[PDB]
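Simply put, chain letters go A, B, ... down the sequence lines. Chain A uses the PDB entry numbers throughout; the residues present, in order, are 669-845, 847-918. Residues displayed in chain B correspond, in order, to the PDB entry positions 735-746. Every number for a ligand or one of its atoms is a count from 1 in the order of the listing.
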Amino acid sequence: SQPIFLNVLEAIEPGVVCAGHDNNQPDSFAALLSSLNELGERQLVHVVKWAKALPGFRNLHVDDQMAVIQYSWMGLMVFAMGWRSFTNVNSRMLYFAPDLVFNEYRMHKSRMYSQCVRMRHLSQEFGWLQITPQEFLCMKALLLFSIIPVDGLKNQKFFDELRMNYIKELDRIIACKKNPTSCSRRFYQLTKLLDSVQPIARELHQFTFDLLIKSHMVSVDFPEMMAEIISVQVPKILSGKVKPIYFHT
Amino acid sequence: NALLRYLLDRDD
Ligand SMILES: C[C@]12CCC(=O)C[C@@H]1CC[C@@H]1[C@@H]2CC[C@]2(C)[C@@H](O)CC[C@@H]12
């Protein structure tokens, strides 16, 4: 039986996105963070177009569609950037975009060196675990469905069924074989990898929120869409109204 | 979130 789910994921996977960073200016806090915010804005456009093409996604209430996107973009973009870093520079640097690659100096200058280190460990996991492109696509799709309000969504029922289905699809393409233990071990590793994305996203969420607050004082520009989500949705996560869905406790 | 809504509505 010819697969379909994976055909779709591979087909809709977003292409290359540039930050628009001018690599001629010195590496300053203001210049680096302003370019990261622009990349986030451009990437948010692809995240939306991508999500809309995902199987079952349009069957969610429009407001729930907005919500999962507003809540999970950080995790999605970090996971993807870790994959690019792993495949383009063997996780040696953070490959945010072709025109915005962070080396050690930029990690320090960004004032988020610790968070960059944690992102680099994430990227390296793709190597340590030997994550296949298929496993990567399925895990990334599941991240879209990994954060919701504690009060639930407008149509929680359908969301829970869609989430379930994306889990079964992940289970189906895990790299294993005559050895049920290997498959069991593999699923454990992948669920653990997905969970580890959340604490990273949370640090970045805290950082960007604080940055937005003092943006005028540190000369960091926030595009319209990022400004809006960072000032309305991100606080709901930081205040505990919206929480990640973990596999493990 | 007007801009986000527009990106979702446009083409579907
Ligand atoms: C999501 C982005 C941009 C897209 C990407 O490849 C990952 C990266 C992770 C750090 C984010 C950044 C967008 C802008 C943020 C949110 C800054 O304000 C501070 C942390 C930045």
- Query: Quick check: what drug is at ligand 1?
  - Reply: dihydrotestosterone
- Query: Which molecule here shares more close contacts with dihydrotestosterone (ligand 1) than any other chain, as UniProt names it?
  - Reply: Androgen receptor
- Query: At a cut-off of 4.0 Å, which other chains have heavy atoms near dihydrotestosterone (ligand 1)?
  - Reply: A
- Can you figure out which of A:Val903, A:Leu701, A:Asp879, A:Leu744 has its heavy atom closest to atom 19 (C) of dihydrotestosterone (ligand 1)? A:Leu701
- Top UniProt domain of chain A touching dihydrotestosterone (ligand 1): NR LBD
- Query: Should one rank A:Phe878, A:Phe876, A:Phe764 by closest heavy-atom distance to atom 8 (C) of dihydrotestosterone (ligand 1), which comes out on top?
  - Reply: A:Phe764
- Item | A:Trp741-dihydrotestosterone (ligand 1) polar pair, N/O distance under 3.5 Å | no
- Task: Name the UniProt 17beta-hydroxy-5alpha-androstan-3-one-binding residues of chain A with any heavy atom within 4.0 Å of dihydrotestosterone (ligand 1).
- Result: A:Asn705, A:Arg752, A:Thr877
- Does dihydrotestosterone (ligand 1) have any atom that is closer than 4.0 Å to a heavy atom of A:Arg752? yes
- Message: Could you help me out with the residues around dihydrotestosterone (ligand 1)? Anything with a heavy atom closer than 4.0 Å counts.
- Response: A:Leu701, A:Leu704, A:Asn705, A:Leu707, A:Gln711, A:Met742, A:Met745, A:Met749, A:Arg752, A:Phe764, A:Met780, A:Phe876, A:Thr877, A:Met895
Extract all N/O-N/O pairs under 3.5 Å that connect dihydrotestosterone (ligand 1) to the protein, and present each with both atom names and the distance rounded to 0.1 Å.
residue, atom, partner, partner atom, Å
dihydrotestosterone (ligand 1), 6 (O), A:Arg752, NH2, 3.0
dihydrotestosterone (ligand 1), 18 (O), A:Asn705, OD1, 2.8
dihydrotestosterone (ligand 1), 18 (O), A:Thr877, OG1, 2.9

